[PDB]
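Written out below as structure tokens is the structure these notes cover.
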There are 6 protein chains.
Amino acid sequence: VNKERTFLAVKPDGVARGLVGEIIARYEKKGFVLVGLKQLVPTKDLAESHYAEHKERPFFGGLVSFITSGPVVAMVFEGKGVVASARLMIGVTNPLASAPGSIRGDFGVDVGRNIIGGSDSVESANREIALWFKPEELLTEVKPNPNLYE
Amino acid sequence: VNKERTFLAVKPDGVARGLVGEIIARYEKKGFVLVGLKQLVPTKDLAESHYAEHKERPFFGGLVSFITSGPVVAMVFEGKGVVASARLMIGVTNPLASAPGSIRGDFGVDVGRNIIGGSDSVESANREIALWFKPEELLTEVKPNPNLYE
Amino acid sequence: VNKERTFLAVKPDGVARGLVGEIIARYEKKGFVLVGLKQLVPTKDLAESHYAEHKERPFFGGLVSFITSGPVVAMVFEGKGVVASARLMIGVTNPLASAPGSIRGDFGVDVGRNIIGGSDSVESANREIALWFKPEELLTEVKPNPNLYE
Amino acid sequence: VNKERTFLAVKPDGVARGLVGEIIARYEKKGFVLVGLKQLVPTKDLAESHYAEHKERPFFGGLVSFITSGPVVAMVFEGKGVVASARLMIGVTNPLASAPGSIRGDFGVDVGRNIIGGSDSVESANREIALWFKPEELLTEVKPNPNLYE
Amino acid sequence: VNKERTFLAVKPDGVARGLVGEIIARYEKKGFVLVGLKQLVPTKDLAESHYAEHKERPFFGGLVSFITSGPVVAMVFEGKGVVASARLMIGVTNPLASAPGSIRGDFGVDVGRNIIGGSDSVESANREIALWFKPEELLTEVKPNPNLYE
Amino acid sequence: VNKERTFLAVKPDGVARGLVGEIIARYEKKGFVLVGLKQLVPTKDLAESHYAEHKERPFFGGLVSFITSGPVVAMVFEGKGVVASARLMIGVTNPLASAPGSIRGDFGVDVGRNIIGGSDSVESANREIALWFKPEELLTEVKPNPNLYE
Ligand SMILES: NC(=O)c1ncn([C@@H]2O[C@H](COP(=O)(O)OP(=O)(O)OP(=O)(O)O)[C@@H](O)[C@H]2O)n1
Ligand SMILES: NC(=O)c1ncn([C@@H]2O[C@H](COP(=O)(O)OP(=O)(O)OP(=O)(O)O)[C@@H](O)[C@H]2O)n1
Ligand SMILES: NC(=O)c1ncn([C@@H]2O[C@H](COP(=O)(O)OP(=O)(O)OP(=O)(O)O)[C@@H](O)[C@H]2O)n1
Ligand SMILES: NC(=O)c1ncn([C@@H]2O[C@H](COP(=O)(O)OP(=O)(O)OP(=O)(O)O)[C@@H](O)[C@H]2O)n1
Ligand SMILES: NC(=O)c1ncn([C@@H]2O[C@H](COP(=O)(O)OP(=O)(O)OP(=O)(O)O)[C@@H](O)[C@H]2O)n1
Ligand SMILES: NC(=O)c1ncn([C@@H]2O[C@H](COP(=O)(O)OP(=O)(O)OP(=O)(O)O)[C@@H](O)[C@H]2O)n1
Ligand SMILES: [Mg+2]
Ligand SMILES: [Mg+2]
Ligand SMILES: [Mg+2]
Ligand SMILES: [Mg+2]
Ligand SMILES: [Mg+2]
Ligand SMILES: [Mg+2]
């Protein structure tokens, strides 16, 4: 359905490097609709809950550390196959290996500072969305451009 | 001081036309820092409180009406003389009379649908900011690029 | 009713310098609608008819000469106060004196090679439009973004 | 030889979403030359003739339907291997599966509304060109930037 | 004559904020030709010689100080009325008072950190050029796009 | 330690087509730091020394010929894995086969006129760097954005 939603977040480096507008603009141009948007400073709780799947990973330390060292602009986009498309537009985990045209490919160089993050599946999305947004912080009335869908 | 803050809001038409990223990007490029950011649907209360100065104005009707017909992404930018600069970057009330290069000048044509709004004075700002954001929704730790100020 | 239409034309230098897309994109971004569009090579007739008002002027020679030395993409845009707005976005006759942000201001340096031309009044428009386009080469069903006007 | 030509067309959704300039600009930047350009509203004849190869596929219905629901800006570009290159710049049939950087990859989400179409072979080109343009609507004197070729 | 040349320099903050390409790109788009280009770290000598006219003003101190705190990419552009046009594209001394569309207007906020500097007269140019470049570091064979001039 | 440096050069066609700013801007946006930058006209010596590996190749003739037919802006960028990343951003030898988003993919069409060149290995880099720049023409104090690496 055209109501699939994904969770995306501009990490501290992204926000600090002034890439918030640029990134949002890409998804707006793609046709996806913004249903949730806000800036905050992740709490160590939220951080570990979010990256829960890596708690036993060597990098989990600095990750949670960094992810809370400054503001993060979290957002939710809605659209047909947005979860898979958003990832594609982001690139791969290593910015250096990301193709030109993708977000990481155009702006990053270090795996630790890769500008943005986003849900890797509809499952992970729903979870991460609920985890970061309160029900009333998300639109319900989503009306996209009529020139978008058939 | 370099801690001046202004209130800016992408009106429904702006948000609907997909200009959120583009607009934010301009202020980020200018050097101003994002201290507050969120999307919501203005309530008739907030609407009238915001445009309180025009309650006796002929257009006050449709204004408050429209301003709540859909999502609005409100935001707060901080920086040296941001209130006056932000207005300058916006243009004048009538998009048609706004110079190329300014936001309204580049995207609008109707006074009723002029993409964005912003505080016209430090006074109006403080008021509008407090009016739209809750104290904890705004950063306190604002560290701009060091290449920005002397 | 606000369907005012204007005639704009990317002169040979503009077309040759590959600025067609760029220029169209600006007016599209502004909100104006494209009702007529085509590329051709002006005939000495059309040329003199077009610049009829300068037939006794000392430059009329090279003008008509140049304006037909290569392709020209003529177009018609429709929208509220488009004639005046389009001129504003173009700049002034001398590119060097045109402000940054305007078309001539951003791309030209010589009065003889100023990238684009456009009707300077609703009168001149109607005349120039009819002069360059055949009635069936122009849309009649013009439906703009429902977010542009109120 | 650098005389190869291809047929490209901004479909109604593309035109309606205001992507005409943007798209033309990409091909101009690539180095290809514009030999034919015009806006029109496809007739059911032209439509079926164009998509003749799909008269049986379960989508031929809505396709021809849509392709004529509004203006389309058809165009012809000339240059070394333009047919294959143009397709590459477009992406694949499904916008969601198209890579960032390509036209569909950057602007579309639905297979039915994929912004643009273009000849898939020199054969299909010649046919589609002749089908859409009258001989005198195409330049013959094509002089590209000298810096493009060896 | 279209031989006029001006001296422009991206100051340390500009270079540090990664605006070198962006700035050069503007002048290239305008039609001016690059005759000299290089990156270096101004010496206190060069610095004071350059800003010789301000040796008394209360800011000459930090100015010379800053202008040598890091790399600077100096450059020379050639073209009809380039000195006046370049300044226009830069804006005014105070970035906050510079119009959107101009370099300072779009990227700076502090008079002390105004991204770029440029000769304010043909006189000042010749002097500053000779002062920063060695005769063989400047082209002599300057051939601009033929579409720029009449 | 990640100060890997690479040598890149905007060939005559690139410089002539006015793509210098655009190209530099991409690498600046990527996060790489500019350590060396200058414009010159390659001497037949430098040319053959540079393309030494192709002296017996059938194209070596016109190559060296062209590479010295006009100005070239040589530059050195420093950053984590810059040599491999820079190549990726450039595309493949044939512009037509280069993906959208890469430099050649977006601007070139002919293998002979492919806008830019860059070291294909750390080995080739060191060699080409030393070959094109004098030790004091390269920075030593390289301080990148503190947000780029962890
Ligand atoms: N050194 C490594 O092997 C490694 N893997 C991940 N990381 C850092 O941790 C974040 C999450 O890792 P993931 O494997 O989920 O990658 P991702 O899917 O691209 O990231 P995200 O969840 O933040 O969108 C990554 O975004 C990155 O900052 N380092
Ligand atoms: N028809 C009129 O004369 C008129 N004046 C204002 N308006 C609509 O009401 C909004 C607020 O008016 P203001 O005079 O405050 O203009 P503004 O300062 O540019 O707007 P804002 O407060 O929304 O930033 C305007 O932004 C516009 O949408 N119509
Ligand atoms: N040297 C002069 O004083 C002079 N005045 C005009 N011109 C050339 O002639 C074209 C037509 O003159 P106009 O005064 O009508 O220019 P415009 O109103 O700015 O633009 P356009 O005619 O092309 O729509 C101009 O666009 C320009 O190329 N040279
Ligand atoms: N639902 C489907 O399975 C399907 N297949 C095609 N389509 C729509 O019909 C157009 C023509 O199909 P093609 O396979 O020829 O697409 P194309 O090669 O990418 O583009 P075009 O014909 O429009 O140049 C496509 O561009 C697309 O709009 N829908
Ligand atoms: N605080 C002040 O009153 C003041 N005045 C000048 N400045 C700094 O010194 C630079 C030189 O002053 P100018 O008045 O010559 O500025 P300009 O004409 O815009 O630029 P430039 O000399 O750097 O080409 C200015 O560009 C600016 O960085 N601060
Ligand atoms: N026709 C051919 O098969 C052929 N191969 C190379 N060339 C021309 O010679 C330049 C140098 O060849 P390379 O294979 O080293 O190219 P590259 O590695 O992609 O780039 P560069 O040498 O310029 O850094 C190429 O950039 C290209 O202009 N033509
Ligand atoms: Mg993950
Ligand atoms: Mg107001
Ligand atoms: Mg006129
Ligand atoms: Mg097909
Ligand atoms: Mg000065
Ligand atoms: Mg090589």
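Letters A, B, ... are given to chains in the order of the sequence lines, protein chains preceding strands, and every chain is numbered from 1. We count ligands from 1, going down the list as the structure has it; atoms in each ligand are counted the same way. Because only heavy atoms are used, hydrogens play no part in the values below, and waters and symmetry mates are left out as well, while side chains stay in.
The chain in largest contact with ligand 4 bears the name, in UniProt, of Nucleoside diphosphate kinase, cytosolic. The PDB lists the drug found at ligand 4 under the name ribavirin triphosphate. The other chains with any non-hydrogen atom less than 4.0 Å from ribavirin triphosphate (ligand 4) are D. The heavy-atom binding site of ribavirin triphosphate (ligand 4) at 4.0 Å consists of D:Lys11, D:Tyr51, D:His54, D:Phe59, D:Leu63, D:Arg87, D:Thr93, D:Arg104, D:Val111, D:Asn114, D:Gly117, D:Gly118.
In this structure, the other ligands and ions lying under 4.0 Å from ribavirin triphosphate (ligand 4) are ligand 10 (magnesium ion).
In chain D, the residues that UniProt lists as binding ATP and that have a heavy atom under 4.0 Å from ribavirin triphosphate (ligand 4) are these: D:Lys11, D:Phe59, D:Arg87, D:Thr93, D:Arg104, D:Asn114.
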